[PDB]
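Structure note - flufenamic acid present.
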Amino acid sequence: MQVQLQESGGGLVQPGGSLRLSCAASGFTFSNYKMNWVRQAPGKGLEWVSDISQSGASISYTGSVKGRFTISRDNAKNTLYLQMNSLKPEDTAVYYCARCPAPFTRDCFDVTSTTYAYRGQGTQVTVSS
Amino acid sequence: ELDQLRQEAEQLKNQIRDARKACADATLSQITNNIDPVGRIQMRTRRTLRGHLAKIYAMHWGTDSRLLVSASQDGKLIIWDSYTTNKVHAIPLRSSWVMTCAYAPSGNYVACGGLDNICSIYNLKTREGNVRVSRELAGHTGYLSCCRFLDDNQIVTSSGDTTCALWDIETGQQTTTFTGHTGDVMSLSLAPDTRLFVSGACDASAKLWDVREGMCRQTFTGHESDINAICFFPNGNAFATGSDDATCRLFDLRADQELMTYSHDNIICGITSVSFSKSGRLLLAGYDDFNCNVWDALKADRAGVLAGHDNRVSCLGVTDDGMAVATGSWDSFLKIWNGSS
Amino acid sequence: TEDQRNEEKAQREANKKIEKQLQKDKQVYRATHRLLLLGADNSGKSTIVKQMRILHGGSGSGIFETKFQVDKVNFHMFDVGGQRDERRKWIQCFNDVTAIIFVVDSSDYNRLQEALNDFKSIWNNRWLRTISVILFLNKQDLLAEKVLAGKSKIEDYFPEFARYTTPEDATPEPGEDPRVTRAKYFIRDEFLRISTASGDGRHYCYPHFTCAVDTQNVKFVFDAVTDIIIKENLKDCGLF
Amino acid sequence: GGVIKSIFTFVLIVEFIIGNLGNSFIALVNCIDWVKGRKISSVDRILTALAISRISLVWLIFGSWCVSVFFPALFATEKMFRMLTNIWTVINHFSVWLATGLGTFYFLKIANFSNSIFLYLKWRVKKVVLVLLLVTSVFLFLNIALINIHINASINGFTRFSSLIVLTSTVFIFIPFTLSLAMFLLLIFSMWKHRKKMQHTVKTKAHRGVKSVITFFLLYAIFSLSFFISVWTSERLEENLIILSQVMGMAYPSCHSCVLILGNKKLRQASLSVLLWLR
Amino acid sequence: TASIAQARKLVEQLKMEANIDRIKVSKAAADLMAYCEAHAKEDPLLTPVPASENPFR
Ligand SMILES: O=C(O)c1ccccc1Nc1cccc(C(F)(F)F)c1
């Protein structure tokens with residue numbers, strides 16, 4: 001079917017709280033793709049937040065989220081989880097879960113571009129006090 | 001009220017999928033299970049055209065099945081006489097970055113394009129000798145990917161600006177534009193009757209356009225990754241696709257859904273060129289694994305391997321009579337394959 | 001028949017002419033080294049392009065193709081400018097380039113992650129896994145001013161600064177504070193770690209801190225390109 | 001007398017063993033690569049040709065010494081001698097100038113200089129190697145003409161003649177070796193200049209391999225000079241002259257095959273693999 | 001209102017996609033089979049043509 005990535009979990013939370021993000025995926029074999037997490041702070045561009053390999057062996061995070069967020073990849077349910085912990089107002093954004101363009105390859109080239117097909121509408125994570 | 005529009009969008013998409021499923025009764029593998037396989041077909045490099053200075057990016061045969069034009073990133077358009085493996089014309093190009101080349105059906109024109117975003121048209125039969133730039137079709141805000149001459153005067157070019165167009169050579173402006181693809185459009189094939197054409201983009205989808213109107217009639221989907229090679233089934237009622245998801249797919253125009261996926265566990269690299277044979281039974285597709293696998297159209301079985309290219313293959317086409325198939329790759333070598341009796 | 005024989009002879013003569021021209025163009029192509037200039041909007045790629053347009057008589061919808069001679073060597077440096085943000089398909093046209101000159105702002109302290117990911121994509125791309133990258137950490141003076149003035153702290157954006165020290169093989173400019181050395185080499189080592197933690201033995205990175213005088217910049221480009229071609233010739237000759 | 005003869009005979013046997021090993025093994029690995037549909041680069045084609053010519057040459061010398069040991073009667077038919085020297089001259093010319101061609105290939109591809117002539121030769125290294133073989137065809141003609149002239153003079157009138165003829169052969173082989181040594185030293189100097197350029201630009205196995213190769217050209221230089229000077233001056237030869245000339249003739253095609261085995265990455269990897277499988 | 005315009009365009013495209021005559025996949029299967037069988041003989045690649053008539057010999 002048509003490639004789809006539906007984000008979920010976005011909501012208002014006071015600073016220092018926790019949040020869970022889910023990215024249901026369909027239409028492609030989830031296993032062989034370096035799934036990433038990208039976000040858009042208001043009045044800014046698309047910044048890459050975290051990524052995970054096919055089996056979770058290699059995970060990386062943006063330095064601003066190095067000790068704050070974790071990435072889990074459940075290949076059985078084709079869902080990517082971005083655990084959001086110790087939120088601060090600098091993290092408020094709409095979070096898009098994005099797939100690497102090509103299977104069995106680690107060159108995630110066009111993930112933060114203005115338009116990218118293998119992504120989702122996203123959910124707004126508000127950290128307003 | 002954007003949420004209402006989104007709700008309508010998903011409702012319409014669900015209705016379309018339901019209609020396709022209701023029209024989906026028997027898989028083509030089921031009906032063609034009884035079809036006698038063509039078996040292991042072997043072909044050899046009858047003629048290996050050489051002379052291209054750099055990698056080969058595109059090739060297009062002529063209507064006479066004799067002359068073919070190949071584009072290289074060296075900045076050359078070498079026109080080859082396949083029957084006698086001689087170079088007839090060599091056209092130096094302004095921009096070395098060439099991603100497409102088209103031979104006009106009349107035989108009096110050639111096309112080229114690439115990162116320069118301008119489609120360059122060349123006269124082959126000028127009153128005087130030598131080849132010169134006829135017109136420069138400008139207006140594509142992105143790299144051109146595939147171009148094909150509808151007729152001696154019209155040309156439809158596909159670009160990475162997420163919008164194809166049909167041009168008038170004398171006029172030089174986009175007479176009709178084709179918008180709707182989200183990502184970069186890469187391939188473009190013409191129906192046997194020059195009324196419709198399809199173009200597959202990096203949005204992992206392929207759309208069918210009507211030339212004389214300008215709106216895409218159908219939007220076939222299914223590929224996991226970007227569609228990088230498209231071709232028309234000879235009947236005119238079907239078209240095959242190539243994607244970096246290593247699975248060529250066949251979509252029929254009428255039923256408007258997937259028919260089969262040409263897949264193999266060993267194959268993990270992406271297709272780059274797809275071109276059906278004259279009877280439509282043999283689908284020949286090249287991959288980044290540096291060789292081409294011929295796929296039976298009626299059954300998802302690998303007929304043979306056209307090994308012989310060191311680097312990845314970029315282009316592949318068959319003559320109008322299907323006498324031979326020529327595959328160009330990034331090793332600067334174009335090799336013709338013909339069945340062995 | 002006679003007319004067919006004459007046509008065959010004419011076609012062979014055309015072949016000979018085209019082959020002579022193609023040998024000449026093969027000579028000029030082998031002589032010429034193709035360099036690709038890549039960078040972000042904030043990176044100093046535009047400044048380098050503007051400088052080289054007039055310094056080397058740059059020929060000039062968005063391909064900035066210039067061909068120049070430095071010390072009798074032929075260079076073809078180009079920047080893809082007319083294309084949109086998608087970079088995964090027009091970058092495949094540059095699998096055979098001699099080098100990819102990567103320009104990084106190095107003083108944004110905010111967009112450095114985008115540059116790091118861009119370098120990752122270039123290095124780990126399947127079609128660019130052969131191509132060496134000339135890392136050009138531009139705006140070194142701006143980073144020096146930013147670190148000296150304090151205010152913003154790199155620890156906020158990159159958190160590994162709190163556990164980093166200058167490497168023993170350090171080449172600071174004669175009069176210049178330790179903290180800016182620490183920041184500069186942290187950026188350089190971030191890029192170098194991203195490069196090394198991948199396939200080696202085929203392509204190498206050439207980190208460089210861009211100085212005010214552009215002659216040193218051109219000299220570094222020339223030396224890196226010569227090194228790349230030396231190593232490639234070692235590979236073809238088998239002495240590697 | 002007897003002791004030096006036995007020592008040189010043992011040296012010849014060792015050289016024959018090592019030459020067969022190296023040359024046949026180069027030919028074998030290249031044939032396996034060709035038959036299995038692997039990559040066949042130009043340098044390995046030149047290596048195949050050089051290795052085949054070299055194994056032919058070493059077998060030729062071994063057969064000649066077998067004639068001079070196990071059948072001391074064919075060696076003096078005055079016609080087999082002429083036939084053997086003609087075949088040896090042809091095959092050794094091909095081997096030596098093919099080695100010089102390999103040196104030209106390496107120098108013209110790897111080395112880097114700003115001189116206009118070097119660059120003019122640099123982008124047509126194929127043109128250089130075949131034009132060099134065609135040019136040294138006239139050297140082959142000169143050598144064969146001189147060898148026929150010398151042997152005809154000998155027949156008209158041979159220890160002194162044998163000394164003179166091996167001296168002529170030594171000069172005719174020294175010239176291409178001199179060219180190869182100059183080319184190799186220039187290549188190493190270019191690499192040295194580049195290495196310190198990169199060291200100022202900041203940016204072990206090669207050092208070991210480089211060090212061994214210069215040991216050859218230092219070892220071969222003294223060994224080559226000793227053979228030439230001795231035959232030119234020292235008369236402690238005659239019967240020893242045959243064994244000493246055979247030693248010198250067998251010296252290059254074996255030890256240079258060893259240097260090439262240490263040079264080519266495929267050849268080195270195959271040698272390491274055969275060592276691993278040995279144990 | 002650019003997002004609104006894009007949404008309207010895509011829902012319109014889906015609408016014109018809906019009102020398209022769709023036939024069962026079996027009939028398309030039969031059409032492809034008929035085309036393959038009718039021109040199987042004239043295809044040179046499917047059944048290698050005799051070398052005498054072959055022009056690429
Ligand atoms: O072996 C010769 O005669 C030779 C001559 C000239 C240049 C190079 C030559 N051989 C060679 C073979 C392998 C590696 C290297 C070197 F390491 F010096 F580059 C040199």
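Residue numbers start from 1 in every chain, and the chains themselves are labelled A, B, ... in the order their sequence lines are given, proteins ahead of strands. What you see below is based on every heavy atom in this structure, not just the backbone, and it leaves out hydrogens, waters and symmetry mates. Just follow the structure's listing: the first ligand is 1, and inside any ligand the first atom is 1.
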_Could you tell me which macromolecule makes the most contacts with flufenamic acid here? Its name in UniProt would be great._
Taste receptor type 2 member 14
*Using a heavy-atom cut-off of 4.0 Å, which other chains touch flufenamic acid?*
C, D
*asked:* Just wondering, does flufenamic acid get within less than 4.0 Å of any transmembrane segments of chain D by heavy atom? Which ones, using UniProt's N-terminal numbering?
replied: 3, 5, 6, 7
_I keep forgetting - what name does the entry give chain C?_
Guanine nucleotide-binding protein G(t) subunit alpha-3
*Identify the binding-site residues of flufenamic acid using a heavy-atom cut-off of 4.0 Å.*
C:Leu239, D:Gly103, D:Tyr106, D:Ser180, D:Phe184, D:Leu187, D:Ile188, D:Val210, D:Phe217, D:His256, D:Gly263
